[PDB]
Student: 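Can you read through this structure? Questions will come right after.
Numbers in chain A come straight from the PDB entry, and the residues shown are 843-919, 922-1010, 1015-1135, in order. All ligand and atom numbering here is 1-based and tracks the order in the structure. Computed from heavy atoms alone, side chains included, the values below leave out hydrogens, waters and symmetry copies.
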Amino acid sequence: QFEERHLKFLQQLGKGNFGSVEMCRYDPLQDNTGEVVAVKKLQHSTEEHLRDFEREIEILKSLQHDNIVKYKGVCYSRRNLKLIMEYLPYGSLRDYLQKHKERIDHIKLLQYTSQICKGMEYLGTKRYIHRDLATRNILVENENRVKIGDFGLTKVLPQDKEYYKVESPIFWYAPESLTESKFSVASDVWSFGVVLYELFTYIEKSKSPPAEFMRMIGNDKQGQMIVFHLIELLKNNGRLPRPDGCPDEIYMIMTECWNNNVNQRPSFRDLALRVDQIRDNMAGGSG
Ligand SMILES: N#CC[C@H](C1CCCC1)n1cc(-c2ncnc3[nH]ccc23)cn1
């Protein structure tokens, strides 16, 4: 779809563990008048990583939703597969919320929450598991609209099961992901609860899930024993605390998402409805 020669690098936007995203100018008219785009490429183009990247591209191209970053096309010349997507200039929600927190009230946080929920509801209709729902993977287009911005870990559920068994962001993981490496819509709901916690702490680093969990566990632990003591903590119903200023009903949603019983966690459809109702009530539909 895109031609390598016209694409001009401008600046790096983000770097993951296997890919990076660049800000580039696509200029088919060679007049520098072309659109600025975001370009994802692999750091190391091994056979494994390229096969994974191809499926990620297929996943994004199949998604069309207001709250999912827009696929544009692919670009290659010989092993230089790149994914072209719409550029969102406010960057990740983490940076945005940090910079603008004093101006972002709870009604606005719930607007972002609702948009994330509806994007995930849409993902569920395709039987996709995101596996990395966290504010680092949410992008901001404008002050009224966020989009799920990265799908590098997203899996398609197999046809015989409602879960996929597969360096992990352990402080966002459901207990069965930690113990059984099992990922499902329900483990995405668990991670969504952590996202809600991130939003209502305004991405303060001292209150981040890793900082909170390590204080609860003990900083003497490293690597494997961190995971062990996190599992024991969650099994014993230890949970992240209610953020300062967070309404109790919003914390209650977090804690329902963090149920150890997978079957007890809410659906994204129900989360979107409840968040929308809370937001409307807070804005003056109930006071
Ligand atoms: N979301 C998310 C995180 C993702 C990083 C995580 C792995 C590659 C980079 N990332 C995407 C961007 C980005 N920024 C601005 N516009 C964009 N469009 C598509 C991705 C994108 C920046 N970092």
Student: Which drug molecule is found at ligand 1 in this structure?
Tutor: ruxolitinib
Student: Could you tell me the main partner of ruxolitinib here, using whatever name the PDB entry has for it?
Tutor: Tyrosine-protein kinase JAK2
Student: Per the deposit, which organism was chain A derived from?
Tutor: Homo sapiens
Student: Please work out, at 4.0 Å between heavy atoms, whether the side chain, the backbone, both, or neither of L983 comes within that distance of ruxolitinib.
Tutor: side chain
Student: Under 4.0 Å from any heavy atom of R980, which atoms of ruxolitinib are there?
Tutor: 1 (N), 2 (C), 3 (C)
Student: Any N or O of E930 that comes nearer than 3.5 Å to an N or O of ruxolitinib?
Tutor: yes
Student: Select the closest option to atom 8 (C) of ruxolitinib among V863, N859, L855, judged by heavy-atom distance.
Tutor: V863
Student: Out of all atoms in ruxolitinib, which are within 4.0 Å of some heavy atom of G856? Include the element for each.
Tutor: 9 (C), 23 (N)
Student: Under 4.0 Å from a heavy atom of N981: which atoms of ruxolitinib are those, numbered in the order shown and with their elements?
Tutor: 1 (N), 2 (C), 3 (C)
Student: Is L932 close to ruxolitinib, meaning an N/O of one under 3.5 Å from an N/O of the other?
Tutor: yes
Student: Would you mind running through ruxolitinib and noting each atom that sits below 4.0 Å from a heavy atom of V911?
Tutor: 18 (N), 19 (C)
Student: Show the atoms of ruxolitinib that are less than 4.0 angstrom away from any heavy atom in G993.
Tutor: 1 (N)
Student: Pull out every atom of ruxolitinib sitting under 4.0 Å from any heavy atom of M929, numbered as shown with elements.
Tutor: 19 (C), 20 (C)
Student: Tabulate residues with any non-hydrogen atom nearer than 4.0 Å to ruxolitinib.
Tutor: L855, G856, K857, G858, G861, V863, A880, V911, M929, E930, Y931, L932, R980, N981, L983, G993, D994
